[PDB]
Peer 1: 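Below is a deposited model of Lanosterol 14-alpha demethylase with itraconazole as ligand.
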Amino acid sequence: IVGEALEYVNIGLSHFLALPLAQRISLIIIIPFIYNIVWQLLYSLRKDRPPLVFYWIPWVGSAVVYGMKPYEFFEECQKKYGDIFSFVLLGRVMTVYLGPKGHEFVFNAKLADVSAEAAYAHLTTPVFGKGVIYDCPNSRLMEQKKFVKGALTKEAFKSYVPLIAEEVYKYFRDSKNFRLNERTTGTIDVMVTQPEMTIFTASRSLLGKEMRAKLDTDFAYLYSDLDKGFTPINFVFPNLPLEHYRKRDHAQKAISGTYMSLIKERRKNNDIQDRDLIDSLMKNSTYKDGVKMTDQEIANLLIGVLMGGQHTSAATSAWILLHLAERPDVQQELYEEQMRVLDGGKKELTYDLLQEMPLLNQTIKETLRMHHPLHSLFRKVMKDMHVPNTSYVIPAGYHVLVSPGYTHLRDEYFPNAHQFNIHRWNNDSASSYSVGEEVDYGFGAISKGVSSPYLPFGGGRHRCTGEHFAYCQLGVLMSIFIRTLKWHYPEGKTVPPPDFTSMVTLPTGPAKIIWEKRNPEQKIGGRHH
Ligand SMILES: CC[C@@H](C)n1ncn(-c2ccc(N3CCN(c4ccc(OC[C@H]5CO[C@](Cn6cncn6)(c6ccc(Cl)cc6Cl)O5)cc4)CC3)cc2)c1=O
Ligand code: HEM
């Protein structure tokens, strides 16, 4: 008789439901804990799954160790498991594929296989607004990138260079952090100065003079408020009825409204030239199926572009200053190049002369090697994926994670990878190079292969289109810093470690340097109060 047993099943269920609150809570925690461990042990038997990093806390997974030191986490996992492994992260399964083959697996993945917008939209859509970037099909993203790229041309860079330079000099003149007309030396936190110089220079050139002028007003606080919504938390909790979530939403409306006001004014007065990215999107924001971007979508796109350029660039120029603060030999070498290319300062800086500054560009290139702003790029897997030359299948609903910044720091691909050396790029100073065949996903011909161990700007359909703007902006900024100042560390201070829990791998603050004027008597002209 198994009927007796079946009765006692029902009996036990009833005795289970009648447990005292103490055991119920205990079982509420013990039961999922035990199942999680048993599920992992069983999971490890599958040969059609990459190894899964073991974890104790259900749902949480490896989030703490991954979040604090992802490259150390990746190195340990790589030693135990090789280049392909999974780990649980706040309810999601991330499948990591390290090295150039991982770049290929994820950046060149078929459009049907993975989705960037499914990984990213819940964060970006609240900050930028509806209809653009990840709040739209990939084919719309492809053309938005084409629109923006049409404003980021050599001719645009030629006119951005003197504008960015004016903004840097104005910042040296007026910012409390410098005031070069009044002080010949001082101490700055580069995580204060660089966000400010970045937003001032990017506003002036991409958004134009009106939007730049707005940052000298209370309006600037909206950018700060909107900036707070750009945090990895939004990957988990994109919306919570908390205050800073509402300040973010309000900022997005207020800022996009400011942009729309300007757009509608310009159209009303027929004042549509070729000054800035706003002009360009007003003239060139019609999809190939004939639909026009709305004024709201244009403004949302402007927010996304400005916010994306903001954090990558400001972290990168901070890192450049930090690495050079302990390398007075590199500052000297860069200074000699400035004197040579600009004839002792008798030539004004232009976009073309910037391209004749290989050491300066190598300094940016090397900083981006050692400090990839984005340590982990993700896609959500939409269809099961066979990992070539393995028996592994990545099922739909998993996430794939690619980390070119991890490979940037591997000795095998960059000898003495943890040493800052701009001369490893001698006779190779371009921001990136297409080493073979090319392909066009909708926004211009880019490298077909994505197997370079150096991939600061990603590859494939989601490849960065800001790279040349970033080099222009960082180039102008660093040319002027080098020609104007020397800098060094407070005693006993050195390059800080990266903060891998922020949106970008910015330096852990406060990160202070001491600057001094190369020409204490040099004055910056212009009006100021
Ligand atoms: C909770 C416990 C704690 C210990 N913990 N546990 C885990 N973590 C953690 C894990 C991972 C991460 N992150 C860091 C951020 N990261 C990430 C950030 C941005 C990103 O952007 C990719 C897309 C979307 O944004 C942009 C960024 N960009 C590109 N170029 C310039 N910016 C983008 C592209 C285009 C446009 Cl228009 C705008 C933008 Cl912002 O590209 C991708 C990954 C993911 C991992 C942070 C913390 C923790 O802190
Ligand atoms: C040092 C500076 C920068 C670095 C290292 C960088 C890096 C990257 C990377 C790695 C990606 C791909 C993300 C992924 O594959 O998930 C990307 C995408 C992108 N970035 Fe940048 N970026 C920088 C600056 C900028 C700037 C200044 C802009 C705009 C002016 C910009 C706009 C974009 C856009 C539009 C995309 C396309 C995203 C997509 O198609 O999904 N970036 N960037």
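Just so it is clear, chain A uses the PDB entry numbers, and the residues here are 7-535, in order. Structure determined by X-ray crystallography, 2.1 Å. Keep in mind that the numbers below use all heavy atoms, side chains included, and drop hydrogens, waters and symmetry copies. Indexing begins at 1, ligand by ligand and atom by atom, following the structure's order.
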Peer 1: Which parts of this structure should be attributed to itraconazole?
Peer 2: ligand 1
Peer 1: Would you say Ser382 touches itraconazole, if touching means a heavy atom closer than 4.0 Å?
Peer 2: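 Distance cut 4.0 Å: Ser382 passes for itraconazole.
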Peer 1: What does the entry say about the source organism of chain A?
Peer 2: Saccharomyces cerevisiae (strain YJM789)
Peer 1: Would you mind finding which of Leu95, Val70, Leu380 brings a heavy atom closest to atom 29 (C) of itraconazole?
Peer 2: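 Heavy atom nearest to atom 29 (C) of itraconazole belongs to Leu380.
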Peer 1: Could you say whether the N/O atoms of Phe384 and itraconazole ever approach to under 3.5 Å?
Peer 2: no
Peer 1: One residue to check: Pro238. Relative to itraconazole, which of side chain, backbone, both or neither has a non-hydrogen atom less than 4.0 Å away?
Peer 2: side chain
Peer 1: Would you check the N or O atoms of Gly314, main chain and side chain alike, for any that come under 3.5 Å of an N or O of itraconazole?
Peer 2: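 Yes - when backbone and side-chain N and O of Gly314 are compared with those of itraconazole, one distance drops under 3.5 Å.
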Peer 1: Of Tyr140, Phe463, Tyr72, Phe236, which has the heavy atom at the shortest distance from atom 41 (O) of itraconazole?
Peer 2: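 The option holding the nearest heavy atom is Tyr140.
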Peer 1: May I ask whether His381 has any heavy atom positioned less than 4.0 angstrom from an atom of itraconazole?
Peer 2: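 Distance cut 4.0 Å: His381 passes for itraconazole.
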Peer 1: Quick one: what's in the binding site of itraconazole at 4.0 Å, using heavy-atom distances?
Peer 2: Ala69, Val70, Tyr72, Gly73, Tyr126, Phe134, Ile139, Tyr140, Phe236, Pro238, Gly310, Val311, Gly314, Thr318, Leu380, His381, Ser382, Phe384, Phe506, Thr507, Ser508, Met509
